[PDB]
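Below, a PDB structure including amprenavir.
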There are 2 protein chains.
Amino acid sequence: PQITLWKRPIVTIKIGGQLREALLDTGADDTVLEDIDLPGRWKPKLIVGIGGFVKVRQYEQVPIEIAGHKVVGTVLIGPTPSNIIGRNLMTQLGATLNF
Amino acid sequence: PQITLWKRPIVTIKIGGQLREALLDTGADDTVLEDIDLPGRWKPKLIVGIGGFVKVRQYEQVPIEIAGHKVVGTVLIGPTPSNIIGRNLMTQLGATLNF
Ligand SMILES: CC(C)CN(C[C@@H](O)[C@H](Cc1ccccc1)NC(=O)O[C@H]1CCOC1)S(=O)(=O)c1ccc(N)cc1
């Protein structure tokens with residue numbers, strides 16, 4: 001799809017059988033979700049934003065469906081005021097900015 | 001221009017005769033710059049992010065050049081680890097996300 005930016009660019013995701021919404025965030029290098037259960041081992045990571053530090057769990061090679069498209073990548077779990085899809089996963093959709 | 005997202009989407013800006021770089025950030029509702037002098041009256045505002053709070057100065061109807069294109073809008077001045085162009089100004093470029 002093509003979308004304009006007069007509203008937040010929010011898409012539906014499906015990850016570990018759970019349905020959520022997330023913002024498509026070109027300013028985010030990495031994908032961060034709050035409201036979600038993932039199984040398996042993870043690694044502690046810090047990431048750093050307007051406001052400073054957030055401690056997150058890094059889960060590798062997580063299957064995720066974003067606006068209907070199946071990809072696999074790193075998902076960071078941690079407190080974030082909004083679930084965000086970062087460039088790590090947007091590059092797998094072949095996403096572009098246009099103006 | 002059309003750009004892909006394998007690297008950060010960084011563009012050149014010109015604002016109050018100062019040249020800077022900024023990230024095109026679809027996850028940001030508002031534009032926030034750190035490294036910059038604007039004249040005139042402003043208003044205190046807070047914005048939350050990964051990591052918590054940032055106190056900013058809101059400057060209205062600021063002329064700014066983004067990747068060559070002249071627009072006028074609200075610019076927030078405050079600590080941010082990176083200068084960001086938010087949707088407030090991306091909508092004035094007719095920017096779209098595509099995948
Ligand atoms: C350059 C910074 C700002 C990068 N952030 C991305 C930005 O899009 C960020 C996303 C967000 C949306 C809603 C609430 C909170 C945060 N928007 C943001 O703060 O919007 C503010 C600034 C003015 O407009 C409102 S981040 O969240 O720190 C981040 C950092 C690293 C990773 N891996 C993921 C996210």
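Numbered from 1 within each chain, the chains take letters A, B, ... in sequence-line order. So how was this one determined? The header says X-ray crystallography, 1.5 Å. When reading the values below, keep in mind they use all heavy atoms of this one structure, side chains included, and skip hydrogens, waters and symmetry mates. Order of listing sets the numbers, starting from 1, for every ligand and every atom in it.
Most heavy-atom contacts to amprenavir in this structure come from the chain listed in the PDB entry as Protease.
Lab note - other chains with heavy atoms under 4.0 Å from amprenavir: A, B.
Checking atom 22 (C) of amprenavir against the protein gives a heavy-atom contact under 4.0 Å. The protein heavy-atom contact nearest to atom 25 (C) of amprenavir is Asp29(B) N, 3.8 Å. Regarding atom 28 (O) of amprenavir, its nearest protein heavy-atom neighbour is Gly49(A) CA, 3.0 Å.
Set against the non-hydrogen atoms of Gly27(A), the atoms of amprenavir under 4.0 Å away are 4 (C), 6 (C). Note: no N/O pair closer than 3.5 Å links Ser82(B) and amprenavir by distance alone. Between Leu23(B) and amprenavir, a contact under 3.5 Å exists for no N or O pair. The protein non-hydrogen atom at the shortest distance from atom 8 (O) of amprenavir is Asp25(B) OD1, 2.6 Å. For a threshold of 3.5 Å applied to N or O pairs, the pair formed by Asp30(B) and amprenavir contains at least one separation below that value. Here the heavy atom of the protein found nearest to atom 30 (C) of amprenavir is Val48(A) O, 3.5 Å.
Residue-to-ligand polar distances keep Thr80(B) apart from amprenavir: every N/O pair is separated by 3.5 Å or more. For atom 14 (C) of amprenavir, the closest non-hydrogen atom on the protein side is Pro81(A) CG, 3.1 Å.
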